[PDB]
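Tenidap bound to Chloride anion exchanger.
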Amino acid sequence: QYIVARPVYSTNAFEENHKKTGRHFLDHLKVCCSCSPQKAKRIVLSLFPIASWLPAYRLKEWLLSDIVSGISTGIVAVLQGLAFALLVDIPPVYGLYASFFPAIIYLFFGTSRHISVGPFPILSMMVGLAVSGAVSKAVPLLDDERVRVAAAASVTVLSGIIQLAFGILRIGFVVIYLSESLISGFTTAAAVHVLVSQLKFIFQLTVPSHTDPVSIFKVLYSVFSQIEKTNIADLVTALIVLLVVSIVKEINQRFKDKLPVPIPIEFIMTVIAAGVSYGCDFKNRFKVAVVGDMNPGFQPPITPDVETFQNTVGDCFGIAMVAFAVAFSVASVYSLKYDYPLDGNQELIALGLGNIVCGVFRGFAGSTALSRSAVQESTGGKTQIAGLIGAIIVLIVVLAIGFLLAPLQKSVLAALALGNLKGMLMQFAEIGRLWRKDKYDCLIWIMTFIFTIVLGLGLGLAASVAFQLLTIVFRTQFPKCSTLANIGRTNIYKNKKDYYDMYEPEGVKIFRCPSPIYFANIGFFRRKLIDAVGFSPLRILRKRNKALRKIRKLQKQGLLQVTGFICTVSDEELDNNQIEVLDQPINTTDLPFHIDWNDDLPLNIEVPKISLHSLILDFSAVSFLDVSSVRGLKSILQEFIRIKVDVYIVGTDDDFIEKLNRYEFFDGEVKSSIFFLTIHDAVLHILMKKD
Amino acid sequence: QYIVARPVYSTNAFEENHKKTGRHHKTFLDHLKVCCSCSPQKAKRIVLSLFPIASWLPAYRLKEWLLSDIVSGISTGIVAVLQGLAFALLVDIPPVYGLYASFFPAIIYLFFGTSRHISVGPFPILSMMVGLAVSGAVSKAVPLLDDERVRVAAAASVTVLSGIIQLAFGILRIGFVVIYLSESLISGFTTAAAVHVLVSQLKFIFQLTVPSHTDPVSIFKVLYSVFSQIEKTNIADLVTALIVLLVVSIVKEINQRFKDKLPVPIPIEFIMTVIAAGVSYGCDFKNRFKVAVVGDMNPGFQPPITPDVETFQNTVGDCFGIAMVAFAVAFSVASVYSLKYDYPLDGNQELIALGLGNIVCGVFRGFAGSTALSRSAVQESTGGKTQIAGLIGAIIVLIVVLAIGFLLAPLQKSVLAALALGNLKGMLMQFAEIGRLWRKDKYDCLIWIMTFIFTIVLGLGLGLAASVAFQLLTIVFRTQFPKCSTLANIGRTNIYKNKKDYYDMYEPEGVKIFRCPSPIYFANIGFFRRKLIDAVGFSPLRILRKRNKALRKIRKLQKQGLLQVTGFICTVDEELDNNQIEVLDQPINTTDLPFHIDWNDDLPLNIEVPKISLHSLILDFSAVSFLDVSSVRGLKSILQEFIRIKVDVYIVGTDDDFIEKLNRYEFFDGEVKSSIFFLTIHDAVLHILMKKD
Ligand SMILES: CC(C)CCC[C@@H](C)[C@H]1CC[C@H]2[C@@H]3CC=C4C[C@@H](OC(=O)CCC(=O)O)CC[C@]4(C)[C@H]3CC[C@]12C
Ligand SMILES: CC(C)CCC[C@@H](C)[C@H]1CC[C@H]2[C@@H]3CC=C4C[C@@H](OC(=O)CCC(=O)O)CC[C@]4(C)[C@H]3CC[C@]12C
Ligand SMILES: CC(C)CCC[C@@H](C)[C@H]1CC[C@H]2[C@@H]3CC=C4C[C@@H](OC(=O)CCC(=O)O)CC[C@]4(C)[C@H]3CC[C@]12C
Ligand SMILES: CC(C)CCC[C@@H](C)[C@H]1CC[C@H]2[C@@H]3CC=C4C[C@@H](OC(=O)CCC(=O)O)CC[C@]4(C)[C@H]3CC[C@]12C
Ligand SMILES: CC(C)CCC[C@@H](C)[C@H]1CC[C@H]2[C@@H]3CC=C4C[C@@H](OC(=O)CCC(=O)O)CC[C@]4(C)[C@H]3CC[C@]12C
Ligand SMILES: CC(C)CCC[C@@H](C)[C@H]1CC[C@H]2[C@@H]3CC=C4C[C@@H](OC(=O)CCC(=O)O)CC[C@]4(C)[C@H]3CC[C@]12C
Ligand SMILES: CC(C)CCC[C@@H](C)[C@H]1CC[C@H]2[C@@H]3CC=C4C[C@@H](OC(=O)CCC(=O)O)CC[C@]4(C)[C@H]3CC[C@]12C
Ligand SMILES: CC(C)CCC[C@@H](C)[C@H]1CC[C@H]2[C@@H]3CC=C4C[C@@H](OC(=O)CCC(=O)O)CC[C@]4(C)[C@H]3CC[C@]12C
Ligand SMILES: NC(=O)n1c(O)c(C(=O)c2cccs2)c2cc(Cl)ccc21
Ligand SMILES: NC(=O)n1c(O)c(C(=O)c2cccs2)c2cc(Cl)ccc21
């Protein structure tokens, strides 16, 4: 049974009954600049994770699986680079570049062993919007893709520079702020953006490159205004590949019995399309938009153009943050599995270096794609050597084998990108779940979706995270303040309007604020305390001071005798600039009596009656205070003590006491003897003091 | 003494021992029929609230209020006429329209306002916001006397849009916007606006010409445009500005200190404006010297103009900032005078009144404004008992506009700027707050510093928006890394404190209490998991995976026929590939084995499992105020694997509403049962002890 026989403490008889322990900028500087040989070796190994895991290789049990997974992820990466390379309005030659240099750099500089870094559609569309904005903001057939590619390379370089700076500054906790509901809404909006943007390729039309605000609907108009100019054969083949891909995806997620190495319809039907393209000559018999001739070889590096460095400096921050968040989220699952310690700052540094290399070598920025990582992990990728195999596959397909991939319809790629989107868009079935879950996460999801579909894929994210930060204030703007009273005549206190056996001590009003008290709700806390208490202490003090002034005036006139309050037998309204004297503390030392303003009072003088001798502010749920809240609480406690009703604060810990000490909050009036351990011992001390 | 003899409760034997109450109605779908319930008394109350004039006009004590109100009205009227055509220079418009901004808002607020101690008009912060907005409008508009006309038209339109926004906000009853403006941010923004005033009045204190600049870095651009042409200043105008500045400051401080035997505050402002006008008319500053005298005042008002739609679209961003700053300044100024004299000011009514006043002023060729701090202070100090003083100020402005314009025409237009700089002493004194805040919170000081920097660089509207965003981020900053600790008993009673704080620290065997002194939401669930794992001492998922691997190897050996079950009689490394490792996270079931192996005492040969020392843990959630979907999911996963590794989990310090909220989260199921919540830490520990033995 629950039996306690301890004395009553007041947070100031406690420290004097139990001794404390030691509580000890130059402190951190010395321990941060302490150079050591072992520390240098550790930091070098961390900055170069390759040396950490290359020696610890179990070849005879890892090599075959890694090779198979590497070939699979390489074929998927070559299929995906020149598909995501179309969301950016650049030739698909450079898409393969974006899937090789980041992989090679991440081999050396990365920690995760189950991600295949490359381009993914969300970042590809971010880069496309950024490059369109750059080309539109730049002061003055084959004359457009050149500047598009140059601007894309520069924007990728700047995104990589931002990522590298963030990694160097060791601010890797940025991925914390994005959360889960916001990432789900942003993911759904980006999926819708993919669906809208791929229409211009699924229909084989020409669309002007729109930028930033209302990007989807502008593209929607530019696509739907020219339906009569589509190509029927291209639409038919894209449709047929779409339905067959969906059907086999269903038949693959189902029938998962005796089906090793699930059938890769992506590559299979891209091969089928390339074959029928070389066979029946869609370019001659029909009019299609086949991928252009692939030049054999890389391209010389180009210096990052400075003119577009300044123009896009806004969108590159969003690109870098989205890339880092996607990479961290994708690698989080594969680090939770297989139990290895992924490092966020190291991941940021690796991704930044990869983006610098890719942008310098005429590619575009990217990070590990969800589907590519999934296929790499499922195929048996034991480490990043699978990423190396994918990189060398991309290298050989760039250098030698390009003519077989040249006759690709360039719209089957768009439909394939639209293909793996069912699980990408299934998150739409979450508004209903979140409506009955929190009623705030659903709001944040809806606002995120609206902002990312109206403001665009860019500034929409910033507005979404700003609204996310505002949502915390929304949650704590109006705390459900209540009144507490005893239950069962023991040390249990609950809400007054919740139980039938409620018992309240005489003249004691317990107030609890179940939310942190900061700047945005100190006024609401004061109003709720006012309502729960039932009167305004400032009003009571003002009326008492007015009555005392009238009494003193009568005594000076010579109508009241002090021994009492015997009377032998003019409302003086006060002007401005002098009413402030009514807020002064009540002192009656000049009067020999001890009038309490409770029993009675001399003639024709009225003072509101009082029924409170104490109140207890429960601060168990209060987690922090700021300057505004401290000032408001000090004023509240000040006139509460001034109207001669004691105040007590309970449920606070030693660090909270220490923080409140350095606030100029304690003085001769608001003493430090007001803090108590629990509610019950405060009530007990209250009863002992009263009688 | 503290004596308690209650039974041990578990938040589920408590509800079954004490009956609850009704709680029979919701607050979302049934909230109607009380808001749309039309009633006669409700209609009278709402009409009285929407027209506060009828509330306090009948309740007038003339014989004790009229003389004081008249005196305060004359004083505030002379100050308002002195201030309108002074703040009218911050906007690049003729100072004739400045008097308009101090008359129509006052007249409208007379009818529509709740506060009885504010004199609504133009104030420098909003005047500069309107100036920046109108400069942006004139710069973004597609195509001597030809410039101020479009400037005035665009200023009137931007004022109209600000008033429309304020009226819409008041109608929507969102008057709680003002509480997103923490005192630290408001102080930083006030100081930055003071610096902006000081810089922007230089072009008039020096009598130069400066191109109108807009938004990003608008102080340093004006600083360059001013400092590039020092040689073009007028020495006489500079000399009179400096002498007036020093004397006004000196006598203002004399008024501050020598208040004893000082009947009525010193009229220095008006007295010296009169002196300057007199000497200007006398020595002919325009002829003998070259000055920038206020131009001739045309007698009469101006016909109303339609609000230009072309500039409606361009400035729609800056007008939100203008409206919010105006409403915040009005509410903050009236807050002091409502705390005094104890009357119930209504924020929505104030918003509606200010919006209507701004609409009228903008339609009648004025510019937006709200009650100025100094004007309100002088109106209150002079004895303003109600808004009839505001009416007297308004009629004073009317008569000075209509009749006496030639008297005020020969004003140097630089003494006005110096007077504007003179009062800036108290406004700029707030710079002595970074030091106070650095030793107070170390976060409010950061808010102040970032607010000042953002308002200096980004401008006024964009600076305020970015400052508010950073202020909102500061909450996450405060709760990003909670100071999580470990709790243990003190004195063998129901007192639990931090483990690293006392010498008599007693911890129960095999019980680890964890407390998170901050709300657990999306931005610290990972940190909470890391801290909990570190305090516990092991990874529960790692322990589960190793136990499952050992059990799989044991089952393989038993199938091969090497281990006998009856007790674990024995005789004499299969790495798992991907897409199948997920079987290691399954719950441990040994029903197929007759024994009850616990993975503590020992284990068959050549099989290693990490030892364990925890049989329960108590998560203190007294300080946890709220959870979201992400935190609920993370907590559910954590409790899931903790229960799966066969160590009980208990949560204490939570209230009935928190239990109710957590119930509708899909958080309780056959594994994470509802019997895990306890009242306090001590009864949880006691139940732990009773269950163990
Ligand atoms: C959910 C809400 C509160 C978020 C904020 C929404 C605004 C930022 C959006 C909604 C309407 C949008 C506008 C709708 C229409 C257009 C027209 C568009 O003009 C053109 O493309 C050319 C038109 C022409 O040449 O006639 C430029 C963007 C703009 C102003 C949009 C800019 C972004 C706006 C203001
Ligand atoms: C706020 C959310 C919930 C609703 C979003 C609706 C609007 C913000 C969208 C829907 C249709 C959009 C419009 C569709 C077509 C046009 C025309 C389009 O092209 C031109 O004006 C170019 C000239 C020409 O086409 O001849 C420019 C964008 C605009 C105004 C779009 C602006 C934004 C609009 C109004
Ligand atoms: C806190 C995070 C968001 C980073 C810090 C703020 C950046 C967003 C700022 C700080 C430095 C700024 C740069 C400082 C100097 C310049 C040169 C400046 O040169 C011009 O071209 C001037 C003419 C013009 O662009 O109007 C253009 C803006 C730019 C690139 C600025 C772009 C915005 C930057 C990167
Ligand atoms: C806030 C911290 C954690 C990250 C810091 C990274 C960025 C804020 C830096 C890194 C690279 C910088 C850019 C590098 C190069 C330039 C080009 C520079 O333009 C010129 O030199 C123009 C010369 C001319 O016009 O003659 C303007 C600044 C800018 C955009 C810089 C702006 C600031 C950037 C984006
Ligand atoms: C505390 C920090 C993180 C806040 C963010 C700072 C930026 C938003 C500021 C800092 C530097 C500023 C820039 C400094 C210089 C200029 C040049 C200025 O160009 C001109 O006025 C014309 C110059 C010419 O004609 O040569 C335009 C604004 C701009 C780009 C400024 C835009 C706003 C910037 C990027
Ligand atoms: C971030 C904080 C802590 C420091 C703020 C410093 C800069 C943001 C300021 C200081 C000086 C400013 C510059 C001072 C002078 C100029 C020239 C000025 O005029 C022109 O370029 C017009 C052409 C001409 O004057 O001939 C435009 C603004 C600019 C670039 C200013 C841009 C903003 C600057 C770099
Ligand atoms: C969010 C809630 C609480 C407040 C709503 C207030 C504003 C968002 C509204 C009120 C007045 C509106 C403005 C009223 C008039 C116009 C002019 C209008 O322009 C035209 O009609 C152009 C016609 C043409 O070009 O032929 C464009 C919208 C705009 C700026 C409106 C934009 C939306 C405003 C600012
Ligand atoms: C939540 C708060 C901040 C108010 C709601 C968002 C507003 C900031 C949005 C919603 C409606 C928007 C307006 C809707 C329609 C138009 C017409 C549009 O017409 C054009 O001139 C198109 C060409 C162009 O400006 O690029 C200009 C923007 C404007 C005024 C928008 C300005 C921004 C507004 C007021
Ligand atoms: N697994 C696999 O091989 N693939 C995919 O998942 C594709 C997608 O649709 C993606 C959407 C978001 C990331 S990938 C895809 C597209 C092409 Cl062109 C070729 C192969 C592809
Ligand atoms: N009290 C008073 O009479 N005055 C002031 O405080 C003036 C200011 O400088 C203000 C700065 C911010 C609000 S007012 C002022 C200016 C003039 Cl032109 C005439 C009188 C004035």
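By convention here, the chains are lettered A, B, ... following the listed order of sequence lines. Note that chain A carries the PDB entry numbering, so the residues on display, from first to last, are 8-31, 35-150, 168-590, 593-598, 604-725. Using the PDB entry numbers, chain B covers 8-150, 168-590, 593-598, 605-725, in order. When the header is checked for method, it gives electron microscopy, 3.8 Å. Ligands are counted one by one from 1 in listed order, and the atoms in each one are counted from 1 as well.
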All copies of tenidap: ligands 9 and 10
4.0 Å heavy-atom contacts of tenidap (ligand 9) by chain: A
Organism for chain A, per entry: Homo sapiens
Covalent anchor of tenidap (ligand 9): none
UniProt transmembrane segments of chain A with a heavy atom under 4.0 Å from tenidap (ligand 9): 1, 3
